[PDB]
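Looking at a structure with daraxonrasib today.
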Amino acid sequence: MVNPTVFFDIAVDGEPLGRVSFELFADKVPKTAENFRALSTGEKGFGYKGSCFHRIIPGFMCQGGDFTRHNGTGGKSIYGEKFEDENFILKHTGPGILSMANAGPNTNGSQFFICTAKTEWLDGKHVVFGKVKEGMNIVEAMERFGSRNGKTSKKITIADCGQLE
Amino acid sequence: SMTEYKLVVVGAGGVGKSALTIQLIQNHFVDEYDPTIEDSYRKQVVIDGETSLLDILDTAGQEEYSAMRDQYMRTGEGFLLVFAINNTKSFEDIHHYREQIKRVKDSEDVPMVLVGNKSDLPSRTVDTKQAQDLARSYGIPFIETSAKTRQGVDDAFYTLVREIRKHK
Ligand SMILES: CCn1c(-c2cc(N3CCN(C)CC3)cnc2[C@H](C)OC)c2c3cc(ccc31)-c1csc(n1)C[C@H](NC(=O)[C@H]1C[C@@H]1C)C(=O)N1CCC[C@H](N1)C(=O)OCC(C)(C)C2
Ligand SMILES: Nc1nc2c(ncn2[C@@H]2O[C@H](COP(=O)(O)OP(=O)(O)NP(=O)(O)O)[C@@H](O)[C@H]2O)c(=O)[nH]1
Ligand SMILES: [Mg+2]
């Protein structure tokens, strides 16, 4: 019943940057939290390890999680290719919010985004399910590799990821 | 130097704005859906014997950001109004895009081309007659396209350039 914590070890063009940890709100969105947890451990034989943050827009968010096509269009959940919006109880209140990317209603896969600002217009459209716990300065450091339309200027990867005890 | 034309591609999400632009620029067909934030491209072409530089703005169909279009509409010189022939909603959205462009540019005489895309698909829901009648009422050309087969891709962009030339 304790919310799980997971980590990303971030690399920039293969060089280490630092660790970001996340609390996953299993107490409010258990199905969505469990998807992200399992994808962070890789326990289903696939997951976030080695994937990129393909879209970084300074002032707004860092987005990643396409481990199936590695081009921003793919990803899959542990429940099938996609799964439904669990709930919209939690809001995009500020920096550090962890939320699901999607292509419209009930199309959650593995892609996610980390807010670097309040993005309230996404409330009720993207499922919020966690928050940065440690290493927000790593996410802040990732922003300078982004741009207005999100194209990145260096390859920002999840070099390693897993669940913390 | 060759004249430059600022073309803007608009229309509802998923209608094929990016697939059309990438076909024009790179001569291949993106089959995956990579929804656009905003992308810009440049290509030189020859149209009616005159070499021209196309500056193409490929815009977001993402409809929650409809309040963000005024500046690129002010800057753009001509507009491809894109719908998909198998998506009646995208055809209905066309009027809103045209009205927004005319309003933002404060003019009844803006170069535009109506583009009905995905003409390779069998699931047609918008009659060619409906599209031709609409374009006739707007006073603009109508081009049927497929980004998958390349049918009409050059014609749509080149026709828009011809519309811009007539406007100057
Ligand atoms: C108007 C220009 N624009 C803008 C925009 C908006 C503003 N303001 C709005 C709020 N007001 C109050 C202030 C001004 C200012 N500046 C810009 C940008 C910087 O101007 C260039 C956005 C945006 C998003 C999309 C398209 C165009 C867009 C888009 C296109 S697909 C999409 N969203 C949703 C996206 N699905 C996917 O990736 C699918 C493919 C995978 C599976 C998705 O799940 N996520 C996660 C959440 C964030 C979102 N991506 C994204 O990237 O948001 C970018 C952001 C900048 C936050 C919003
Ligand atoms: N069969 C077929 N599919 C097409 C055609 N044009 C685009 N598509 C497909 O439709 C989907 C969406 O196309 P895309 O060009 O990304 O559309 P968009 O208008 O740019 N979307 P957005 O506004 O989100 O950026 C993709 O899977 C693409 O391959 C076409 O002429 N024929
Ligand atoms: Mg596009």
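Chain identifiers are assigned alphabetically (A, B, ...) following the order of the sequence lines, protein sequences preceding nucleic acid strands; residue numbering begins at 1 within each chain. Indexing begins at 1, ligand by ligand and atom by atom, following the structure's order. Side chains are part of it too, since the values below use all heavy atoms of this structure and drop only hydrogens, waters and symmetry mates.
Taking every copy into account, the model assigns daraxonrasib to ligand 1. In this structure, the main binding partner of daraxonrasib (ligand 1), as named in UniProt, is Peptidyl-prolyl cis-trans isomerase A, N-terminally processed. Every other chain with a heavy atom under 4.0 Å from daraxonrasib (ligand 1) is listed here: A, B. Heavy-atom contacts of daraxonrasib (ligand 1) within 4.0 Å involve A:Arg55, A:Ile57, A:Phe60, A:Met61, A:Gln63, A:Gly72, A:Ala101, A:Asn102, A:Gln111, A:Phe113, A:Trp121, A:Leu122, A:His126, A:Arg148, B:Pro35, B:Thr36, B:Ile37, B:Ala60, B:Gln62, B:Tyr65, B:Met68. The shortest contact between atom 42 (C) of daraxonrasib (ligand 1) and any protein heavy atom is with A:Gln111 NE2, 3.5 Å. Distances between N or O atoms of A:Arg55 and those of daraxonrasib (ligand 1) include at least one value under 3.5 Å. Protein heavy atom in closest approach to atom 54 (C) of daraxonrasib (ligand 1): A:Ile57 CD1, 3.7 Å.
In this structure, atom 5 (C) of daraxonrasib (ligand 1) is not in close contact with the protein, since no protein heavy atom lies within 4.0 Å of it.
Counting protein heavy atoms only, atom 46 (C) of daraxonrasib (ligand 1) is closest to A:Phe113 CD2, 3.3 Å. In terms of protein heavy-atom proximity, atom 49 (C) of daraxonrasib (ligand 1) is closest to A:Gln63 OE1, 4.1 Å. Taking every non-hydrogen atom of A:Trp121 and a distance limit under 4.0 Å, the qualifying atoms of daraxonrasib (ligand 1) come out as 10 (C).
Within the 4.0 angstrom cut-off, atom 27 (C) of daraxonrasib (ligand 1) has one or more protein heavy-atom neighbours. Of the protein's non-hydrogen atoms, the one nearest atom 20 (O) of daraxonrasib (ligand 1) is A:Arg148 NH2, 4.3 Å. In the deposited model, no covalent bond links daraxonrasib (ligand 1) to a chain. Most residues contacting daraxonrasib (ligand 1) in chain A map to the UniProt domain PPIase cyclophilin-type. According to the deposit, the name of chain B is GTPase KRas.
The nearest protein atom to atom 25 (C) of daraxonrasib (ligand 1), hydrogens excluded, is given as B:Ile37 CD1, 3.4 Å; this is a heavy-atom distance. Short contacts between daraxonrasib (ligand 1) and A:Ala101, defined as distances under 4.0 Å to a heavy atom of the residue, involve ligand atoms 43 (C), 44 (O). The entry attributes the origin of chain A to Homo sapiens.
Closest to atom 37 (C) of daraxonrasib (ligand 1) among all protein heavy atoms lies A:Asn102 O, 3.7 Å. Looking only at heavy atoms of the protein, atom 58 (C) of daraxonrasib (ligand 1) is closest to B:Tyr65 OH, 3.5 Å. There is a protein heavy atom closer than 4.0 angstrom to atom 30 (C) of daraxonrasib (ligand 1). Not a single protein heavy atom sits closer than 4.0 Å to atom 2 (C) of daraxonrasib (ligand 1).
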Contacts table for daraxonrasib (ligand 1): protein N or O within a distance under 3.5 Å of ligand N or O, distances only.
residue                 : atom   : partner  : partner atom : Å
daraxonrasib (ligand 1) : 36 (N) : A:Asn102 : O            : 2.9
daraxonrasib (ligand 1) : 38 (O) : A:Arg55  : NH1          : 2.9
daraxonrasib (ligand 1) : 38 (O) : A:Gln63  : NE2          : 3.0
daraxonrasib (ligand 1) : 44 (O) : A:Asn102 : N            : 2.9
daraxonrasib (ligand 1) : 44 (O) : A:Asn102 : O            : 3.3
daraxonrasib (ligand 1) : 45 (N) : A:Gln63  : OE1          : 3.3
daraxonrasib (ligand 1) : 50 (N) : A:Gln63  : OE1          : 3.0

